Amino acid sequence: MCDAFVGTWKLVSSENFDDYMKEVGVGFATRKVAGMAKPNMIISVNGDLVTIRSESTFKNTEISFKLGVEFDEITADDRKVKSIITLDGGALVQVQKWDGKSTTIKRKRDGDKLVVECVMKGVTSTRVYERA
Amino acid sequence: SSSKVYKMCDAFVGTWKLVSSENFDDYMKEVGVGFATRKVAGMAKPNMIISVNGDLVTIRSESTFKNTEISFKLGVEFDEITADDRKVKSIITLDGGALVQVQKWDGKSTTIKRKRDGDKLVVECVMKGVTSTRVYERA
Ligand SMILES: Cc1c(C)c2c(c(C)c1O)CC[C@](C)(COc1ccc(C[C@H]3SC(=O)NC3=O)cc1)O2
Ligand SMILES: Cc1c(C)c2c(c(C)c1O)CC[C@](C)(COc1ccc(C[C@H]3SC(=O)NC3=O)cc1)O2
């Protein structure tokens, strides 16, 4: 089931991502650089360890994690958060928490695409990736 | 020490570029990296980006060979997939002023010591007596 996600994925469309970063509290200059980037997302599994890398001109990131186990993460916009990632309706669902706030990032397969739905306080961004 | 800013870390915080490399092929040979992969890894000259946010330390390495990133607390064991795809248990401490990382997997172990020496960050990697040395300076 994790293998539905394993691979290299290139970004293909992006909707409401600006509004979403705005709720998150990302600054103006960062919001415009991040918005132009068009990153790859790479997913791998080594045993019970999952790795998501994201790569672009803006920033290279990587989280390594076990499903269902809280871990510390520094996001690309520099929030220090607690994340838990679960497999949930066949989707990887990540909840990020910091300073009383939370955001949910859902990665789900739909046809040959990987759809990423980030939500915070009503504002939903959608980003679609295809295989490389 | 060596050092630094306000913390004993912060001697390490910044962006570093590879400046020289020694016995790195041999080091990789002892670790079990395959012939073809060693050629690509050995020619790469990576940048190393170290940062701190609270108790969390991050070491990023970036090149055409691979982009990796570890996040960790000092003195706390963590799981790590290395650049050459070993899955290891890793512990990193501040010891004689150096960042000393031990990686354990399949009964084996290696030690990466990251130290300051003048304006250089010097990385020494040891596996069964074979030691490699890689020198970095600030970008
Ligand atoms: C700026 C920003 C990003 C990039 C972000 C998230 C948030 C909350 C952000 O404020 C959540 C996950 C996610 C929506 C995951 O899907 C991605 C979307 C954009 C990017 C572009 C930048 S951010 C990163 O880690 N690597 C990149 O190349 C990567 C992954 O990444
Ligand atoms: C291939 C490989 C690497 C790169 C490696 C180590 C091993 C055991 C390796 O098999 C140990 C630490 C160390 C010697 C630390 O210093 C580095 C030297 C080269 C590189 C080049 C590649 S590997 C990476 O994560 N990013 C890069 O750009 C990174 C770090 O990195």
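In what follows, chains are A, B, ... by sequence order, proteins preceding strands, each numbered from 1. The header says X-ray crystallography, 2.3 Å. Computed from heavy atoms alone, side chains included, the values below leave out hydrogens, waters and symmetry copies. Whatever order the structure lists them in is the order used to number ligands and atoms, beginning at 1.
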query: To what macromolecule is ligand 2 bound in this model, taking the chain with most contacts, per UniProt?
result: Fatty acid-binding protein, adipocyte
- request: Look up the drug at ligand 2 and give its PDB name.
  value: troglitazone
message: Any idea which other chains come under 4.0 Å from troglitazone (ligand 2), counting heavy atoms?
response: B
query: Starting from atom 3 (C) of troglitazone (ligand 2), which protein heavy atom do you reach first, and at what distance in Å?
result: B:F24 CZ, 3.9 Å
message: Using a plain distance cutoff, I'd like to know if B:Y27 has any nitrogen or oxygen under 3.5 Å from a nitrogen or oxygen of troglitazone (ligand 2).
response: no
Atom indices of troglitazone (ligand 2) within 4.0 angstrom of B:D84 heavy atoms, with elements: 9 (C), 10 (O)
message: Can you confirm whether some protein heavy atom lies under 4.0 Å from atom 31 (O) of troglitazone (ligand 2), or whether none does?
response: no
query: Does any N/O atom on B:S61 come nearer than 3.5 Å to any N/O atom on troglitazone (ligand 2)?
result: yes
query: For troglitazone (ligand 2), which atoms have a heavy atom of B:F65 less than 4.0 angstrom away?
result: 1 (C), 22 (C), 23 (S)
Heteroatom distance test (B:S63, troglitazone (ligand 2)): nitrogen or oxygen, under 3.5 angstrom: yes
